[PDB]
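Here the structure is laid out as structure tokens; the discussion comes afterwards.
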Amino acid sequence: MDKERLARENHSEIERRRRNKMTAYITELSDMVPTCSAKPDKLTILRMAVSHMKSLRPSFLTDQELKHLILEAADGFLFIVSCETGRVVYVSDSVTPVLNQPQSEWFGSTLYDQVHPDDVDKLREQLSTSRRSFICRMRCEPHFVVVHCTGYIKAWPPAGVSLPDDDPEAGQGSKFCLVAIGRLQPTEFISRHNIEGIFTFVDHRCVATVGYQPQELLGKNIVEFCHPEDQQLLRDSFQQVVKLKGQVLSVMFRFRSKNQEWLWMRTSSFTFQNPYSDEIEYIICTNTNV
Amino acid sequence: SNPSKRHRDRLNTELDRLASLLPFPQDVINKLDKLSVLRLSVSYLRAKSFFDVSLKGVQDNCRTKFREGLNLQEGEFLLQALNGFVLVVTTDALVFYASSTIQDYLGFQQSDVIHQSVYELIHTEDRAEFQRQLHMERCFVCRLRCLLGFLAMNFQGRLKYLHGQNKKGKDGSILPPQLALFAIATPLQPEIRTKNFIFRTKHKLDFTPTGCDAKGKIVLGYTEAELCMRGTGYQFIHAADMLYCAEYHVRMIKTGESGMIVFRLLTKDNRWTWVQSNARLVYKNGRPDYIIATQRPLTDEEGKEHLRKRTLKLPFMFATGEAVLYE
DNA sequence: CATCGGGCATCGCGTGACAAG
DNA sequence: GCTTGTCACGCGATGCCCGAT
Ligand SMILES: O=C1Nc2ccccc2/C1=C1/Nc2ccccc2C1=O
């Protein structure tokens with residue numbers, strides 16, 4: 001087939017599909033405007049679409065429509081806090097369907113007062129001095145919920161927003177702010193503990209062994225996961241392995257799995273000695289499903 | 001003139017009227033074509049029709065003018081805090097909407113993406129998965145065309161009825177709405193000029209760090225004071241490299257030089273970073289005094305290569321995990 | 001209550017000029 | 001200097017409207 005004839009046929013097909021797309025979009029316009037659906041030609045449909053758009057009417061959506069789309073897609077609530085003091089500069093109404101807290105409990109407050117104390121220091125490392133993403137525990141006896149926060153550091157005050165003289169923000173003088181969204185959310189594994197039993201290193205295999213992620217174990221004491229009957233046995237094992245450096249001590253206990261289910265675990269522990277001072281750096285445990 | 005010319009001119013005048021009403025800047029409108037004009041008009045009408053059904057403020061006892069101004073941009077604030085972009089896709093795999101920040105992440109103008117086939121922006125090997133999530137919660141990963149190659153992106157969203165789309169039947173009757181994916185798409189996460197970083201650290205004889213230079217503070221993330229209050233260096237070493245490092249520490253004690261070893265250190269971000277280090281004993285009066293380790297960061301790939309080519313087969317050699325460090 | 005030819009309007013087809021990449 | 005695409009235009013086949021049968 002000569003190339004000129006094939007080119008002409010391709011061009012004719014392109015123009016045909018182009019006209020097809022145009023007529024299909026005109027049909028969609030007829031379906032989208034009031035009294036067209038309730039038959040008109042292309043010109044009448046176009047004029048009625050022009051009138052409808054004129055009545056409806058820069059961004060494609062409004063701020064409220066964009067917020068609606070984002071929240072309908074992935075929940076969350078917006079909060080803008082100061083980097084210096086953590087002062088809550090802004091919090092959206094979405095904090096009520098997320099934390100069961102009114103906007104009053106967050107306004108005039110600080111983010112450190114709204115998170116669990118065990119997170120405060122961590123929070124500081126996320127506020128001092130672009131993108132940010134962390135996980136904390138927010139308030140709601142008191143109750144806490146794990147909240148995943150992701151956002152950014154914006155130079156304050158924001159452009160376009162007017163700051164009146166008699167406004168509570170006029171005297172603050174914050175230079176940067178965190179603008180973020182908060183949302184609600186037969187094998188073995190090795191581990192490293194201190195002399196007290198705190199998980200300082202967790203193998204990734206723990207997920208397949210006890211159902212926990214390594215971050216869920218790190219920092220916690222292993223005895224917290226132990227059955228109260230087996231707790232003194234596990235504690236005496238951790239105490240005796242320190243006195244017998246080099247010797248391997250095995251112990252069976254009941255580990256509380258991710259589903260709050262008891263699993264029989266065999267933990268074999270020994271100590272790591274410094275090649276110079278011969279001091280105990282940590283305790284290496286191999287925890288095996290039974 | 002002639003009838004064809006006059007009819008085409010009437011059609012083009014109506015098309016220009018439609019183009020002048022599109023909610024886009026004038027520079028975007030002027031570079032549009034007739035097909036794109038009609039497409040974006042249909043898209044705007046469908047979006048307004050959906051929000052006419054789905055949609056409709058700071059608390060009344062907390063109203064200040066500045067907080068009202070922030071409320072009037074809450075949506076853009078959420079969009080900028082997304083670290084990604086919004087994507088609403090219908091059951092017909094048509095992009096019902098994409099937020100502007102898509103241009104920031106893939107290089108596509110939102111005016112060229114809206115009301116187009118979403119598969120045009122996806123890797124073929126991933127397309128079969130995407131429609132699998134198209135047909136309530138959703139959390140998956142797909143690779144999308146990036147004009148800034150491709151980019152792997154995590155999608156988190158839901159399937160919700162896209163109301164007000166006026167899908168008409170064969171009978172001319174209205175059809176019920178179809179499900180649509182409302183999703184937020186973000187990038188993924190796991191060294192630069194610091195490949196040429198050669199930094200030194202001073203240690204006690206038990207490898208307790210007591211000094212660190214500037215490039216060391218930049219690589220490991222600890223201040224010089226923070227690096228010393230966390231015990232010996234074995235608290236920093238990956239559990240897969242502890243016995244390897246201990247053997248080479250014995251070698252250094254028995255020779256004064258450890259040689260080049262490749263092992264993982266824990267940063268202040270609680271991340272693991274590979275280093276090629278060489279610890280040397282410095283003597284005072286013929287008795288050892290302190291260790292001087294001069295090192296170089298490595299990419300994870302060549303670090304894994306060195307670990308694969310380890311001369312000594314030792315326990316926990318191929319173990320992976322996370323760690324913490326306290327004072 | 002129709003039916004019937006006028007002349008202009010609608011509309012789909014193919015091709016050519018022209019340009020962005 | 002090739003490719004894909006946009007826009008206009010010529011051109012008939014029907015569409016609509018409507019006096020005139
Ligand atoms: O080269 C290091 N840089 C560091 C920075 C912080 C903490 C430790 C180290 C290093 C060690 N090189 C070693 C070689 C053999 C045995 C132990 C060790 C170490 O602890």
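Every chain is numbered from 1 and lettered A, B, ... according to where its sequence line falls, protein lines coming before strand lines. Note that ligands are numbered from 1 as they come in the structure, with each ligand's atoms numbered from 1 the same way. Recorded method is X-ray crystallography, 3.1 Å. Atom set for the values below is all heavy atoms of this structure, side chains included, hydrogens, waters and symmetry mates excluded.
- What sits at ligand 1 is the drug indirubin.
- Most-contacted chain for indirubin in this structure, per the PDB entry: Aryl hydrocarbon receptor.
- At a heavy-atom cut-off of 4.0 Å, the other chains in contact with indirubin are listed as B.
- Applying a cut-off of 4.0 Å to heavy atoms, one finds the binding site of indirubin to be B:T201, B:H203, B:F207, B:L220, B:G233, B:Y234, B:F236, B:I237, B:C245, B:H249, B:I261, B:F263, B:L265, B:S277, B:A293, B:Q295.
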